[PDB]
Novice: 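Structure with tipranavir attached for reference.
Per chain, numbering begins at 1; letters A, B, ... match sequence-line order. According to its header, the structure was obtained by X-ray crystallography, 2.0 Å. Order of listing sets the numbers, starting from 1, for every ligand and every atom in it. Hydrogens, waters and symmetry mates are skipped; everything else that's a heavy atom, side chains included, is used.
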Number of protein chains: 2
Amino acid sequence: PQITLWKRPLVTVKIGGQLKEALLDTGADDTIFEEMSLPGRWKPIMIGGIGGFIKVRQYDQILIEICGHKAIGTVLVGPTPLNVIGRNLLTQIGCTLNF
Amino acid sequence: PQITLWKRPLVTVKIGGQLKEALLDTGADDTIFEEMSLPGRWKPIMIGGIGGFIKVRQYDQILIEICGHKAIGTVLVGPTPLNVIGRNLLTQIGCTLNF
Ligand SMILES: CCC[C@@]1(CCc2ccccc2)CC(O)=C([C@H](CC)c2cccc(NS(=O)(=O)c3ccc(C(F)(F)F)cn3)c2)C(=O)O1
């Protein structure tokens, strides 16, 4: 679709068999979800943004679907204030910024 | 322009007659810049990032040229990993998300 930015660009995403609301964030290098269960192996890492750093669990090769678009990539899990879809996954659904 | 997301959406901006780099960030409600001088009076604001909360200084009606487009709006100044253009100015330059 074409999404205006008058409000936060929140979308429904299918991940780990659940439906969840997530923010489309062009400034995020990576994708971070609040605490949730995901399959497979993970490692602890540290990511930073406004307000500093948080420790998160890195899961690789995770399937996502955003508005009918399927993708696969790394998904992080930890104490983010909300679920955020970052560029590693926005590219895969063919998301661009236009003006 | 159409900006893809394989790299960080960093653009050159002109603020206070100076050239600076800033991130185009649809995940940010607001625009925040690293410590700098801006004209006029300021008000106190607290904002959340993925790392937690920071206190910032809020300046109104600040002229900023973003990738050659003029915007005049609210600019926050505080401790940030980098300069961030949020939705308040992304909307002024006519930016949408497309996929
Ligand atoms: C001005 C605050 C902006 C924002 C708001 C989050 C929010 C939204 C609604 C409610 C509450 C909070 C969105 C955002 O993109 C980031 C940063 C990038 C600037 C962010 C987001 C997601 C992940 C990261 N970590 S990272 O390792 O993937 C990373 C590290 C650095 C950068 C860099 F480009 F900013 F340097 C981008 N990404 C950072 C953030 O920390 O908070």
Novice: Which chain is the largest contributor of contacts with tipranavir here, and what is it called in the PDB entry?
Specialist: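 The chain with the most contacts is protease.
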Novice: Hey, which other chains get a heavy atom under 4.0 Å from tipranavir?
Specialist: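 By heavy atoms, the other chains are A, B.
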Novice: Is it the side chain (CB and beyond), the backbone, both or neither of B/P81 that lies under 4.0 Å from tipranavir, heavy atoms counted?
Specialist: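 Neither part.
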Novice: What is the nearest protein non-hydrogen atom to atom 4 (C) of tipranavir, stated with its residue, atom name and distance?
Specialist: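 I find the closest protein heavy atom is B/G27 O, 3.9 Å.
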Novice: Where is the nearest protein heavy atom to atom 15 (O) of tipranavir: which residue, which atom, and how far?
Specialist: B/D25 OD2, 2.5 Å
Novice: Identify, by atom number and element, the atoms of tipranavir in contact range of A/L82, meaning under 4.0 Å from any of its heavy atoms.
Specialist: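 So the answer, numbered in order with elements, is 7 (C), 8 (C), 9 (C), 10 (C), 11 (C), 12 (C).
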Novice: Return the residue, atom name and 0.1 Å-rounded distance of the protein heavy atom closest to atom 3 (C) of tipranavir.
Specialist: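 The closest heavy atom on the protein side is B/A28 CB, 3.6 Å.
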Novice: Below 3.5 Å, N or O to N or O, backbone or side chain included: is there any such pair between A/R8 and tipranavir?
Specialist: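 There is no such contact.
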Novice: Within tipranavir, which atoms have a heavy atom of A/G49 less than 4.0 Å away?
Specialist: 39 (C), 41 (O)
Novice: Could you identify the single nearest non-hydrogen protein atom to atom 38 (N) of tipranavir and state the distance to 0.1 Å?
Specialist: A/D29 N, 3.1 Å
Novice: Could you tell me, atom by atom, which parts of tipranavir come under 4.0 Å of a heavy atom of A/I32?
Specialist: 22 (C), 23 (C)
Novice: Short list, please: which atoms of tipranavir are under 4.0 Å from a heavy atom of B/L23?
Specialist: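 Matching atoms, with element in brackets: 19 (C), 34 (F), 35 (F).
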Novice: Under 4.0 Å from a heavy atom of B/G48: give me the atoms of tipranavir that qualify, with their elements.
Specialist: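 Checking each atom against B/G48, I get 2 (C), 5 (C), 12 (C).
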Novice: Test your reading of the structure: does A/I50 have an N or O sitting under 3.5 Å from an N or O of tipranavir?
Specialist: yes
Novice: Tell me whether A/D30 has any N or O atom under 3.5 angstrom from an N or O of tipranavir.
Specialist: yes
Novice: Okay, what organism does the entry have down for chain A?
Specialist: Human immunodeficiency virus 1
Novice: Using a 4.0 Å cut-off to any heavy atom of A/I47, which atoms of tipranavir qualify?
Specialist: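 Answer for tipranavir: 27 (O).
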Novice: Write out the binding site of tipranavir as chain and residue number, heavy atoms closer than 4.0 Å.
Specialist: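 At that heavy-atom cut-off, the residues are A/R8, A/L23, A/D25, A/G27, A/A28, A/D29, A/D30, A/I32, A/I47, A/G48, A/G49, A/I50, A/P81, A/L82, B/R8, B/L23, B/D25, B/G27, B/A28, B/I32, B/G48, B/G49, B/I50, B/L82.
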